[PDB]
Asks: 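Pasting in a structure now, in structure tokens, and then I'll have a few things to ask.
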There are 2 protein chains.
Amino acid sequence: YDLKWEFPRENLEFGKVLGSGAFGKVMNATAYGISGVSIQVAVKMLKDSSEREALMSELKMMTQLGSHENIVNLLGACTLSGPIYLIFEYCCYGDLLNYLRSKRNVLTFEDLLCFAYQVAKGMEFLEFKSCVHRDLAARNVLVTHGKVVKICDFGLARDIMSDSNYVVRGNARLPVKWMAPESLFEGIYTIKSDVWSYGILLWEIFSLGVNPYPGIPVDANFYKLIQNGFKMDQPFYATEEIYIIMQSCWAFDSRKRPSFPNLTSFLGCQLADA
Amino acid sequence: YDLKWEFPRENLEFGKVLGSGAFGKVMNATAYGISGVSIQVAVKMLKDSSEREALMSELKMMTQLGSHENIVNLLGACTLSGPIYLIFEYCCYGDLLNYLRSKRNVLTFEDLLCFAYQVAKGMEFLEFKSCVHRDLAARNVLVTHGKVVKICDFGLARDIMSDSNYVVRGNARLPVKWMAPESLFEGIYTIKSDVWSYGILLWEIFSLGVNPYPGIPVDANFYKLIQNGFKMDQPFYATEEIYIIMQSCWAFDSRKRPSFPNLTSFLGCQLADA
Ligand SMILES: CC(C)(C)c1cc(NC(=O)Nc2ccc(-c3cn4c(n3)sc3cc(OCCN5CCOCC5)ccc34)cc2)no1
Ligand SMILES: CC(C)(C)c1cc(NC(=O)Nc2ccc(-c3cn4c(n3)sc3cc(OCCN5CCOCC5)ccc34)cc2)no1
């Protein structure tokens, strides 16, 4: 743990709560001298030592990572004289899933294309840094000024007990509709697992925030539907090209899916034309 | 049949034979006053009235079609005082399949990308004109000056009795490895059937002319292999992007394949980058 991250907690001026869960929360705050004179920041904190580490493990993970434009970037932390705080960039428009739903500032197709592009840029970065995201969805992407989007993970700051998209499977509560077959049936999580999730995230964007596999519940039939190769139909705001791209992320063989460098090229092409 | 097509057969100066079959042939010739003062042309002709029409039906089909750059274009015809001739543009480098094989003028990846692009341009044209090609392969594409490629059909000017890629199935001899499942199992031939063939043609280009499904013979197992969703692995000269594109042409559902306008956009993007 580098010392340059350590930020005076007294310089933090707390505002409203941005998200809450059973383990922890994300507050909004004003931080003096971390950038102007002060900026808006988002602060992660807890509310049990089995999770005092899971935060600390997130702390060292975010510092090793390095910054990217399409990632919620760490600015500082408080880890010495009191409770642990992780200080992030503030994304004033909240998560992408709600942002899309509320937009049903006017929203164009090219914006949709941009959102998709930036997320693939951000996952390309993670691929390079050799990370996997175990919960990649639209709800785990934030929106800031200038239609910029940043990938994040609420993790302990989301109440999964009351989120219907997290389904009890085995000794856990998982976001099943976003998960790859190897994840579901072998507990495997790779960058290509993320690619499958990205495909679902594309569906989320170009449906404008419709729940994946709409009208289909998560029961015994769903797992056999996925396992027999079921794929969603085209979402309303998808072009023909995008749907094909979206479909490649859903190859049952994880080896047959595109990489994120591939996805960035495919979507870069679409942006240049659109 | 418009009269502007009618060309004086005396103005034709015949050279070598460019292709032969059981029904007819394609001669090379010099035609005076059909364009310079004279040009090289390719002439289709027969060698039985059940095929005197199949040629005449090709004649009226090529005149209704209109010209495109990536199509072997009709220039004139002789249909009044003697045997029927159809006068086409001359493509001096022969068919694309041999051209690739002999190149194993130096050949670059971007040329490969261009070949693929032009063929999709040409099939996009046919799609618009509401035609299907029932035999789309690399062997049915010609190469001219400037690395330009033009789609064609030898048809009666190819000896299928001695071409191992035409397999006896039912009461016919068909190019099985290039054929879509609906074609094979329902006798259906649509523009999306052509899309599947285009996928195989891509494989041909980026393998540099390797026979599709190499090491796999056309027997009972092959039809059940295709029917159970078997797809070729990546050809040696394919990039990651191209393979994904190539794979979309092979969706078992014909409705899930890209259109040719789609393919042109996908490959146009790749050209712009490469
Ligand atoms: C990606 C990677 C590296 C794997 C990772 C990240 C990670 N860790 C994290 O991503 N941590 C983290 C950091 C910040 C946030 C976060 C949430 N919000 C903001 N930052 S800014 C914000 C603003 C919000 O609402 C504003 C008002 N809106 C408009 C009006 O209506 C209400 C909504 C709501 C939530 C919200 C979440 C998680 N650990 O690993
Ligand atoms: C597409 C559509 C509309 C469905 C269609 C087309 C259609 N009908 C047709 O496409 N007809 C047609 C017209 C021309 C040719 C043809 C063949 N060749 C040429 N034109 S120019 C040429 C030159 C060749 O060799 C030159 C020397 N090479 C280099 C040295 O080694 C030897 C080889 C060989 C073949 C050849 C084929 C078919 N009917 O419908």
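So that the names make sense, note that chain A is the first sequence line, chain B the second, and so on, each numbered from 1. Counting starts at 1 for both ligands and their atoms, following the listed order. Just the heavy atoms: all of them, side chains too, but no hydrogens, waters or symmetry mates, feed the values below.
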Asks: Tell me the name of the drug molecule at ligand 1.
Replies: quizartinib
Asks: Report, by its name in UniProt, the chain making the most contacts with quizartinib (ligand 1).
Replies: Receptor-type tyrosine-protein kinase FLT3
Asks: So, around quizartinib (ligand 1), which other chains have a heavy atom under 4.0 Å away?
Replies: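 Heavy-atom neighbours of quizartinib (ligand 1): A.
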Asks: Provide the nearest UniProt active-site residue in chain A relative to quizartinib (ligand 1) and the minimal non-hydrogen distance to 1 Å.
Replies: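 The UniProt active-site residue closest in heavy-atom terms is A/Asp135, 8 Å.
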Asks: I need the source organism for chain A from the PDB entry - what is it?
Replies: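 Source per PDB: Homo sapiens.
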Asks: Which UniProt domain of chain A dominates the contacts with quizartinib (ligand 1)?
Replies: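 Most of them lie in the UniProt domain Protein kinase.
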Asks: So, looking at chain A, which of its UniProt ATP-binding residues come within 4.0 Å of quizartinib (ligand 1), heavy atoms only?
Replies: A/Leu18, A/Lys44
Asks: Can you list, by chain and number, the residues with heavy atoms within 4.0 Å of quizartinib (ligand 1)?
Replies: A/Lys16, A/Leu18, A/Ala42, A/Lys44, A/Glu58, A/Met62, A/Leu65, A/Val72, A/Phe88, A/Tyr90, A/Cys91, A/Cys92, A/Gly94, A/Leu142, A/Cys152, A/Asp153, A/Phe154
